[PDB]
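The structure to be discussed contains paromomycin.
Labels below follow one simple rule: chain letters A, B, ... track the order of the sequence lines, proteins then strands, and each chain is numbered from 1. Note: hydrogens, waters and symmetry copies are ignored here, and every other heavy atom, side chains too, is used. Displayed portion only: the contact tally does not extend beyond what is shown. First listed ligand is number 1; within each ligand, the first listed atom is number 1.
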Amino acid sequence: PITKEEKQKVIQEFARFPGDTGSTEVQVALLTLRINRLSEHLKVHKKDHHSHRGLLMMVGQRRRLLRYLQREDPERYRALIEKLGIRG
Amino acid sequence: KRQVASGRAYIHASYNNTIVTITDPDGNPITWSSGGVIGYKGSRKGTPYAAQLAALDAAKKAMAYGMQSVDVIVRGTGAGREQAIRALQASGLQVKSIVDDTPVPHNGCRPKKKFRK
Amino acid sequence: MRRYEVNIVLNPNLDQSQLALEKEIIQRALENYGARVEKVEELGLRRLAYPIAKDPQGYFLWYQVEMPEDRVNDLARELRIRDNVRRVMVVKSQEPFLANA
Amino acid sequence: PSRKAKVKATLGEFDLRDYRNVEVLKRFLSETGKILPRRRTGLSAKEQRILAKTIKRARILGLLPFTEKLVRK
RNA sequence: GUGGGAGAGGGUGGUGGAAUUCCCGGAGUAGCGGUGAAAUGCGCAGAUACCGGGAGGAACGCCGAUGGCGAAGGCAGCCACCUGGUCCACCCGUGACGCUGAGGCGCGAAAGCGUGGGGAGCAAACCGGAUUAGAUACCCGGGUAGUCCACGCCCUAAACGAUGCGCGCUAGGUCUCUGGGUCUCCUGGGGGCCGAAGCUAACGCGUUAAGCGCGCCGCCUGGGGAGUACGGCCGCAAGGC
Ligand SMILES: NC[C@@H]1O[C@H](O[C@H]2[C@@H](O)[C@H](O[C@@H]3[C@@H](O)[C@H](N)C[C@H](N)[C@H]3O[C@H]3O[C@H](CO)[C@@H](O)[C@H](O)[C@H]3N)O[C@@H]2CO)[C@H](N)[C@@H](O)[C@@H]1O
Ligand SMILES: NC[C@@H]1O[C@H](O[C@H]2[C@@H](O)[C@H](O[C@@H]3[C@@H](O)[C@H](N)C[C@H](N)[C@H]3O[C@H]3O[C@H](CO)[C@@H](O)[C@H](O)[C@H]3N)O[C@@H]2CO)[C@H](N)[C@@H](O)[C@@H]1O
Ligand SMILES: NC[C@@H]1O[C@H](O[C@H]2[C@@H](O)[C@H](O[C@@H]3[C@@H](O)[C@H](N)C[C@H](N)[C@H]3O[C@H]3O[C@H](CO)[C@@H](O)[C@H](O)[C@H]3N)O[C@@H]2CO)[C@H](N)[C@@H](O)[C@@H]1O
Ligand SMILES: NC[C@@H]1O[C@H](O[C@H]2[C@@H](O)[C@H](O[C@@H]3[C@@H](O)[C@H](N)C[C@H](N)[C@H]3O[C@H]3O[C@H](CO)[C@@H](O)[C@H](O)[C@H]3N)O[C@@H]2CO)[C@H](N)[C@@H](O)[C@@H]1O
Ligand SMILES: [Mg+2]
Ligand SMILES: [Mg+2]
Ligand SMILES: [Mg+2]
Ligand SMILES: [Mg+2]
Ligand SMILES: [Mg+2]
Ligand SMILES: [Mg+2]
Ligand SMILES: [Mg+2]
Ligand SMILES: [Mg+2]
Ligand SMILES: [Mg+2]
Ligand SMILES: [Mg+2]
Ligand SMILES: [Mg+2]
Ligand SMILES: [Mg+2]
Ligand SMILES: [Mg+2]
Ligand SMILES: [Mg+2]
Ligand SMILES: [Mg+2]
Ligand SMILES: [Mg+2]
Ligand SMILES: [Mg+2]
Ligand SMILES: [Mg+2]
Ligand SMILES: [Mg+2]
Ligand SMILES: [Mg+2]
Ligand SMILES: [Mg+2]
Ligand SMILES: [Mg+2]
Ligand SMILES: [Mg+2]
Ligand SMILES: [Mg+2]
Ligand SMILES: [Mg+2]
Ligand SMILES: [Mg+2]
Ligand SMILES: [Mg+2]
Ligand SMILES: [Mg+2]
Ligand SMILES: [Mg+2]
Ligand SMILES: [Mg+2]
Ligand SMILES: [Mg+2]
Ligand SMILES: [Mg+2]
Ligand SMILES: [Mg+2]
Ligand SMILES: [Mg+2]
Ligand SMILES: [Mg+2]
Ligand SMILES: [Mg+2]
Ligand SMILES: [Mg+2]
Ligand SMILES: [Mg+2]
Ligand SMILES: [Mg+2]
Ligand SMILES: [Mg+2]
Ligand SMILES: [Mg+2]
Ligand SMILES: [Mg+2]
Ligand SMILES: [Mg+2]
Ligand SMILES: [Mg+2]
Ligand SMILES: [Mg+2]
Ligand SMILES: [Mg+2]
Ligand SMILES: [Mg+2]
Ligand SMILES: [Mg+2]
Ligand SMILES: [Mg+2]
Ligand SMILES: [Mg+2]
């Protein structure tokens, strides 16, 4: 699954300032983690459609968050994309 | 020709018949009777009366092997399972016990349309 | 890593050398799959509700253990190979749940 | 009917997850191997639901019967 | 975000017992089976009933509910791994990041199709026995596809709550599943029943609205002709839109 240490690791890694949990950068980091993990699972288990729905939703949420970021702060957005390796 | 004297009475009661098989304590048949073994032929084999006769018959035949006591095992629901048991009870055989062994599935095998619903 | 309970039911007909031999392969394969043993209850042979491989009784071992999760199924697979090994059940440990407490 | 007693009322405290306690578990099975309903076990939903699984484990282990012959009759 | 919880939610690999069928063996003999009554059928190459051993396939009794989960179709032995959703508490972080959603994409019961397996039980078609005025049926005996698996198609339905999704507002009572709290009580989430106001042609609905409101989507416009014809698109086909 995802252990508290892996999670906290990426939370600190992407947090805007100390104590930052729910900022856009962090949320997108977390979501990217879960996506990579879940699409990894669905690499095998191509027959698990129910989980694929999950994936769809997670991607949708992520894409919304990024849309908002790129609207507000094109810098923070560019940074995020590069750092995580998304969108290209 | 054995001289057994203690054994098992298996009553197999269906809606079409009753078959009373009597065996030695290891389950090997000694004698058996049924609805059709007495004169009854058609539907009449499924009668409680036919069951009484089949019981009494198997028990006579079995006492001729010198049997005294039996353990009764009842398989199936059907008219005259109980009549069979009772005929056995005073057949002039001591019935030491009665047990309902009726096999039922943990749901493995699809029934004929007759039995589905 | 996660903590499981291992149940093994063995042949009641084992003499001392046979039984302790089996336990030896148990231990060695447990280690070989990376299972550290936290606790053990050997409850000896006991009566069964039904015959297991023609036998009216069985010999029960229990192990509380910590091991890698990716290894569990494969461990139990290996455990089962032994002929004298009749039953194997590996269970994720859980905190006891009481009624009338 | 079922006014005899409730199986939980007899017992003291005990671990409903404990698949090895045979004597306690046996109390929750009928004359046949069948798991008693709650109207008998006098358990709660969650409880009963746990009981069932642990009984099933005990059955696989050979400690409890899946089924049993009915005596008397 | 942190910390708790319930669950037939999903995928993979394991594995357990009951039963059916079959094969072997023992013991046993004159029938079994089946129906309204029967006959076909099975049985002296020894059936049925009984015990022991084996093989395989399929489905998981009790628990089991008026229950739970899932967007829907749907999901039920037990075990492990992998994985989706969700609820409660703390009030910690971001700061309108929201709702809906043509087209697109994906999922989609059963039956059906392709390749290759599998095939115990059941069983369209089919072969028979009855019933009947007839009986291309109901009932009885057999029985192929199929039902099972893998992979790829099909895209339908009384796919139903026949009730689009989101949010706010408008008495209570009662049962239940599942959280939390100063645990008789108070406070969330879910499933039922009776009912205030109100609505409804009526039946009924009524904080799980079919009440009062706002947003966005889909649809309707007398019955037959007809889900037909034509055209297009999809499909191996059946056929679908
Ligand atoms: N692949 C598994 C599935 O098997 C299905 O097969 C199942 C269906 O044909 C049928 O389901 C019926 C259902 O129609 C009806 N509404 C109620 C009935 N209790 C169900 O049956 C089921 O009930 C329970 C739970 O599984 C079990 O105890 C029972 O063994 C099972 N037959 O019983 C079968 C065995 O469960 C279908 N082929 C399909 O859904 C799918 O392929
Ligand atoms: N047992 C593992 C299961 O396998 C399922 O799929 C597998 C099982 O259905 C089946 O495995 C074996 C089969 O190889 C072998 N030829 C026969 C055996 N009876 C099967 O097992 C299964 O078959 C069916 C399920 O359809 C059940 O009736 C039966 O109880 C069950 N043991 O064949 C499939 C491929 O191995 C699913 N992955 C999931 O339910 C689960 O992991
Ligand atoms: N769902 C499968 C089964 O669920 C049970 O265990 C599952 C649930 O009890 C448990 O629920 C936990 C919850 O306790 C905890 N407070 C939060 C957690 N997110 C939940 O887990 C849930 O969400 C995550 C995604 O984060 C999913 O990966 C997971 O499948 C889902 N159950 O997560 C477990 C994993 O799914 C059964 N006891 C077990 O046999 C089996 O894992
Ligand atoms: N594998 C061959 C044998 O198939 C048998 O069963 C197979 C055949 O009896 C059956 O025939 C199917 C038919 O059902 C279905 N309605 C249509 C399908 N095209 C047919 O298939 C047939 O025809 C085609 C070409 O015409 C061939 O390529 C194919 O090999 C042949 N089976 O399809 C089955 C497989 O799905 C035995 N059960 C199996 O044990 C055995 O192995
Ligand atoms: Mg967890
Ligand atoms: Mg959402
Ligand atoms: Mg700006
Ligand atoms: Mg008859
Ligand atoms: Mg295992
Ligand atoms: Mg599941
Ligand atoms: Mg068998
Ligand atoms: Mg034989
Ligand atoms: Mg003949
Ligand atoms: Mg022959
Ligand atoms: Mg023998
Ligand atoms: Mg046998
Ligand atoms: Mg629902
Ligand atoms: Mg339904
Ligand atoms: Mg705040
Ligand atoms: Mg909050
Ligand atoms: Mg601020
Ligand atoms: Mg939407
Ligand atoms: Mg797309
Ligand atoms: Mg489909
Ligand atoms: Mg199908
Ligand atoms: Mg096919
Ligand atoms: Mg099959
Ligand atoms: Mg048939
Ligand atoms: Mg006919
Ligand atoms: Mg007529
Ligand atoms: Mg006709
Ligand atoms: Mg005719
Ligand atoms: Mg025939
Ligand atoms: Mg037929
Ligand atoms: Mg569509
Ligand atoms: Mg409906
Ligand atoms: Mg409703
Ligand atoms: Mg509903
Ligand atoms: Mg939404
Ligand atoms: Mg409490
Ligand atoms: Mg529901
Ligand atoms: Mg009124
Ligand atoms: Mg009115
Ligand atoms: Mg009405
Ligand atoms: Mg009402
Ligand atoms: Mg409520
Ligand atoms: Mg329309
Ligand atoms: Mg339309
Ligand atoms: Mg018109
Ligand atoms: Mg017109
Ligand atoms: Mg049509
Ligand atoms: Mg056309
Ligand atoms: Mg074409
Ligand atoms: Mg055409």
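One finds paromomycin in this structure at ligands 1, 2, 3 and 4.
Per the PDB entry, the macromolecule in most contact with paromomycin (ligand 3) is 16S rRNA. Other chains making heavy-atom contacts shorter than 4.0 Å with paromomycin (ligand 3): A, E. Using a 4.0 Å heavy-atom cut-off, the binding site of paromomycin (ligand 3) is formed by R34(A), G4(E), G5(E), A6(E), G7(E), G9(E), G10(E), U83(E), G84(E), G85(E), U86(E).
Per the PDB, the name on chain A reads 30S ribosomal protein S15. Source organism of RNA chain E, per the entry: Thermus thermophilus.
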